[PDB]
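In this PDB entry you will find salicylic acid.
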Amino acid sequence: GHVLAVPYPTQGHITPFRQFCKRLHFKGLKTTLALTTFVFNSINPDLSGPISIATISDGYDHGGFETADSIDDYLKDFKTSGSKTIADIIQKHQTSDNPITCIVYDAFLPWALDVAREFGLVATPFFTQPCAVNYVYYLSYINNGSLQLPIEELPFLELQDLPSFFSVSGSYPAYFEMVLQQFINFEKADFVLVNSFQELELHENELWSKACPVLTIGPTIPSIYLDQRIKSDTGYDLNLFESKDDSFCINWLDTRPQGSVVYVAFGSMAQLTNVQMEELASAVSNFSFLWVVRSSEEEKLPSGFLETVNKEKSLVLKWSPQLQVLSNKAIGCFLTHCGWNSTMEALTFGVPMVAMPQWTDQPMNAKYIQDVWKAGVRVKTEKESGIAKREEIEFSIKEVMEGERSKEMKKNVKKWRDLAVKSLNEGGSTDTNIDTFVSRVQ
Ligand SMILES: O=c1ccn([C@@H]2O[C@H](COP(=O)(O)OP(=O)(O)O)[C@@H](O)[C@H]2O)c(=O)[nH]1
Ligand SMILES: *[C@@H]1O[C@H](CO)[C@@H](O)[C@H](O)[C@H]1O
Ligand SMILES: O=C(O)c1ccccc1O
């Protein structure tokens with residue numbers, strides 16, 4: 001058995017795809033990971049497991065996404081160039097020790113099924129977003145692109161709870177058509193994989209599994225932090241942002257008392273405005289903080305803000321070893337844009353969050369953080385503008401550090417570590433679902 005693994009070319013999709021492959025290798029399955037050449041020349045390959053990489057093309061080997069004329073051009077070029085480049089990996093390996101038997105492609109790339117079917121291969125999409133989010137999208141697809149509020153099977157959800165495509169009308173029309181066209185052919189899939197575990201959205205997994213065979217194979221957080229069954233899986237080893245020489249960071253955090261630091265980070269792709277950046281900077285400077293401002297975003301922090309940094313309470317970085325930060329006892333709360341990987345990381349580490357979602361599926365994750373998992377609070381935004389003002393930010397941070405919702409939320413969230421380990425340990429639902437997939441593949 002041999003699996004070709006095709007992530008969407010961003011950090012948030014690549015690392016679950018890699019981590020999943022480490023589990024496949026642990027279970028005796030050969031995997032080749034298909035990176036775009038733009039990405040492959042942007043990686044800095046320090047590994048934490050055996051890795052086999054094949055290169056494919058999205059049609060932007062030189063400049064990547066930012067050189068495309070439009071988002072919708074990128075997707076269609078990606079389909080054309082990606083279909084050819086993926087086919088060639090399959091062809092080339094046919095006469096080899098292990099010809100490929102299964103394509104595990106990102107759900108954002110449904111055309112990979114066509115390629116998988118043309119070579120008689122097993123095909124399974126891989127959803128990097130939670131069951132709740134995708135079931136919402138699925139219900140729109142079997143509709144014709146909009147949704148019945150309230151959702152009869154999940155009626156506690158409102159307009160501000162939905163993905164940004166619904167509440168910001170007309171925004172990202174091409175990206176909106178992508179998340180819906182995840183379902184154009186998923187019927188024909190041999191299985192459907194989602195980077196979640198059953199006990200985290202037990203309800204919403206059921207709803208979605210009525211329509212399609214869903215196999216939860218998360219969480220994709222490295223084995224060392226949970227189940228420890230995979231000795232080599234110590235961290236995230238395919239990173240698009242250079243690694244700071246990260247022990248400066250983790251040494252600084254063992255300097256500070258337990259639960260004293262506020263961690264701030266917005267993922268790999270989210271861009272705030274100048275206005276957004278000073279409201280944050282003021283609210284956060286009321287605290288001992290660790291803030292990740294990526295390099296493309298230093299522009300928009302206040303004039304001379306990085307000088308005014310109190311070096312005895314707080315620190316600003318271009319990027320961070322987020323896994324090790326969230327495992328560090330000096331963190332008190334995590335101010336997060338609610339990217340799915342970041343949310344599952346904070347839940348697994350028992351770090352309560354201040355949710356400050358920005359777009360696509362982050363509003364849903366923020367609702368579940370506050371009202372389903374009761375593991376954090378959503379910051380309030382002025383409705384004219386969608387911007388969180390410095391005092392609404394500071395209010396929310398204090399509610400998770402000092403309020404006494406704060407020690408209730410503190411204990412509600414520590415439930416999840418042990419649930420996640422149980423699913424990754426022998427006989428867990430995730431460990432069982434991975435075995436069903438491995439069974440099919442050979
Ligand atoms: O400074 C940082 C910020 C983020 N991350 C990692 O980058 C991923 C971010 O993906 P996520 O799903 O949170 O959001 P997206 O980045 O896709 O918008 C997560 O695994 C984080 O652990 C990191 O390692 N250092
Ligand atoms: C879409 O817009 C969000 C905020 O609205 C920004 O974070 C992204 O960079 C952009 O693609
Ligand atoms: O990379 C992501 O996380 C993503 C998620 C939803 C829609 C578009 C995207 O690029």
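All residue numbers in this chain count up from 1 along the given sequence. Every heavy atom of this structure was used, including side-chain atoms; hydrogens, water molecules and symmetry mates were not. As the structure lists them, so they are numbered: ligands from 1, and atoms in each ligand from 1.
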Review point. In what form does the model contain salicylic acid: which ligands or which chains?
Key: ligand 3
Check your understanding: Main binding partner of salicylic acid in this structure, as named by UniProt?
Key -> UDP-glycosyltransferase 74F2
Practice item. List the closest protein heavy-atom neighbour of atom 7 (C) of salicylic acid: residue, atom name, distance to the nearest 0.1 Å. Key: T360 OG1, 3.6 Å
Review point. Measuring from salicylic acid, which other ligands or ions can be reached in less than 4.0 Å?
Key: ligand 1 (uridine-5'-diphosphate)
**Study point:** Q129 near salicylic acid by a heavy-atom separation under 4.0 Å
**Key:** yes
**Study point:** For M178, the salicylic acid atoms whose distance to one of its heavy atoms is below 4.0 Å
**Key:** 7 (C), 8 (C)
Point to revise | Residues binding UDP-alpha-D-glucose per UniProt in chain A, non-hydrogen atom under 4.0 Å from salicylic acid | key: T360
Practice item. Quick one: look up the protein heavy atom nearest atom 10 (O) of salicylic acid and list residue, atom name and how far away it is. Key: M269 CE, 3.9 Å
Review point. Can you find a non-hydrogen atom of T10 under 4.0 Å from salicylic acid?
Key: yes
Practice item. Determine whether the side chain, the backbone, both or neither of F108 has a heavy atom under 4.0 Å from any heavy atom of salicylic acid. Key: side chain
Point to revise | Protein residue, atom and distance nearest to atom 3 (O) of salicylic acid, heavy-atom basis | key: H13 NE2, 3.7 Å
**Study point:** Site of salicylic acid: non-hydrogen cut-off 4.0 Å
**Key:** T10, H13, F108, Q129, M178, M269, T360
